[PDB]
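Figure: structure with progesterone.
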Amino acid sequence: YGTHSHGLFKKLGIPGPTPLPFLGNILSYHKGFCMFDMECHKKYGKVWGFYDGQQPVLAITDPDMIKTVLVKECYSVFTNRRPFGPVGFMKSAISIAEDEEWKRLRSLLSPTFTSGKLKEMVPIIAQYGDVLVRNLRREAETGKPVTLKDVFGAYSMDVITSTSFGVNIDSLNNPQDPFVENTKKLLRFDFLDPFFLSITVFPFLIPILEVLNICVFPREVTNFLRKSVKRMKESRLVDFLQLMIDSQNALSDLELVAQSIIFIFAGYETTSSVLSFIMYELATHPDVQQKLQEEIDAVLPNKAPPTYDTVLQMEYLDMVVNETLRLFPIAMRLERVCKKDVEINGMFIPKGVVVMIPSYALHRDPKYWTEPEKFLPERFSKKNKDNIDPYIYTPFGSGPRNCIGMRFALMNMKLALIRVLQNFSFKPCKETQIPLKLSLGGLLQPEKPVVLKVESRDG
Ligand code: HEM
Ligand SMILES: CC(=O)[C@H]1CC[C@H]2[C@@H]3CCC4=CC(=O)CC[C@]4(C)[C@H]3CC[C@]12C
């Protein structure tokens, strides 16, 4: 034994790279998820199959299917995601929860994300828009080429703490010692790490790990937020902990601690990561930074504070964020487990298989997109947009199980653009790598941290 599911795609009839005995196709991840997705797409068309060890992954590319599974069949057959490693009590974090515990948690926290409560958090978020620039200032002063993900990470931290726990620190490399270093440690998993590679060939190793209590969210940090939450509950006799406590807090109590940790996870390094790309695009395109920078002066006259409405009422900003997201869809892949045998717009799909949508690949897909390689915002203006197909462009997923934090993500990032642009300009310096080159790991990240010249707009 060792090639269990390896007959499935030759049978059923789907093309794809032919699996090694124990490894499946994992050896093709030397380029990363993105590059591996591009090629299978080219070299196989619109459906293809591969094996992560002995897990069969079926990538689909037709919008109709991609909508059947993401939308039309969510609660039906494609409800859950792929288990990925020893997850401990975090098994109750919504993004990890399965089937019925999921829908429960989903409608239960979704009220916690509605607009208007977005409205309310804004003054809190803007407050670190201020902090960010008071900080971003000094680094431009010194004349030194600022590392983006450091100023942005901090802001993201600042905004997570404040909106998630009503803890207002200026982490931002200042009070960098209280509550900051556990949070700092909540980074995206790299699923091409040797650790995760091992657990994909030997998934029989997850339960063992589970036993030794070896969890993939580090215990140091989980103890802390778990402790730190509980002490906050009592004291309280806007803020995500707030909105949950009020949320009838059934809705379990030490299941609340799982949400808190997972919101930080999903939002920390993603927000600060996208913000970096956006500032890279706005240099190598100085023209766009200006077109955007003027729009901002137009909507709020010299330095005026950004606002829930000041924001939504900025067509060009919305274009720049959206175009950055196309090039760099942080998740790279949407992905869904098949709960049962089902038919789906043509092809049979057998129970057990993982259905995979190639976000990043569809976003650079010479079909739907012309000069797909190019940062040009105009793709998303009132004319040229909305003949672009959702289910193709999906940087936040789609359907019952999409990014619950999308609005908050966008809002948060814009308030940060505003403050920064309406106050700065950004210029390739010595180190600035041009073009881009993505990491060939399992994260959709720069490879060599983006560093830029920050230059105060007159002072
Ligand atoms: C940089 C911005 C962000 C991007 C690009 C992003 C992207 C995504 C994607 C692609 C998914 C999976 C969608 C699917 O399965 O179809 C997702 C899920 C999720 N995201 Fe985000 N996200 C971002 C920010 C955030 C923030 C700030 C939060 C926290 C408030 C958050 C919370 C979640 C949660 C809880 C899920 C899981 C929903 C579920 O499985 O029921 N995200 N996100
Ligand atoms: C970068 C990343 O995704 C992290 C999250 C889970 C982490 C692993 C969790 C288990 C672990 C325990 C150890 O004592 C050595 C390091 C390892 C093997 C970790 C290495 C880095 C990983 C793979």
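For chain A, we keep the numbers from the PDB entry: what you see runs 25-261, 269-280, 289-498, in order. For ligands, and for the atoms within them, numbers begin at 1 and follow the listed sequence. Just so it is clear, the values below take in all heavy atoms, side chains as well, and ignore hydrogens, waters and symmetry mates. Method on record in the header is X-ray crystallography, 2.7 Å.
- Counting repeats, the structure shows progesterone at ligand 2.
- In this structure, the main binding partner of progesterone (ligand 2), as named in the PDB entry, is cytochrome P450 3A4.
- By chain and number, the binding site of progesterone (ligand 2) (heavy atoms under 4.0 Å) reads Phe213, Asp214, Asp217, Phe219, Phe220, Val240.
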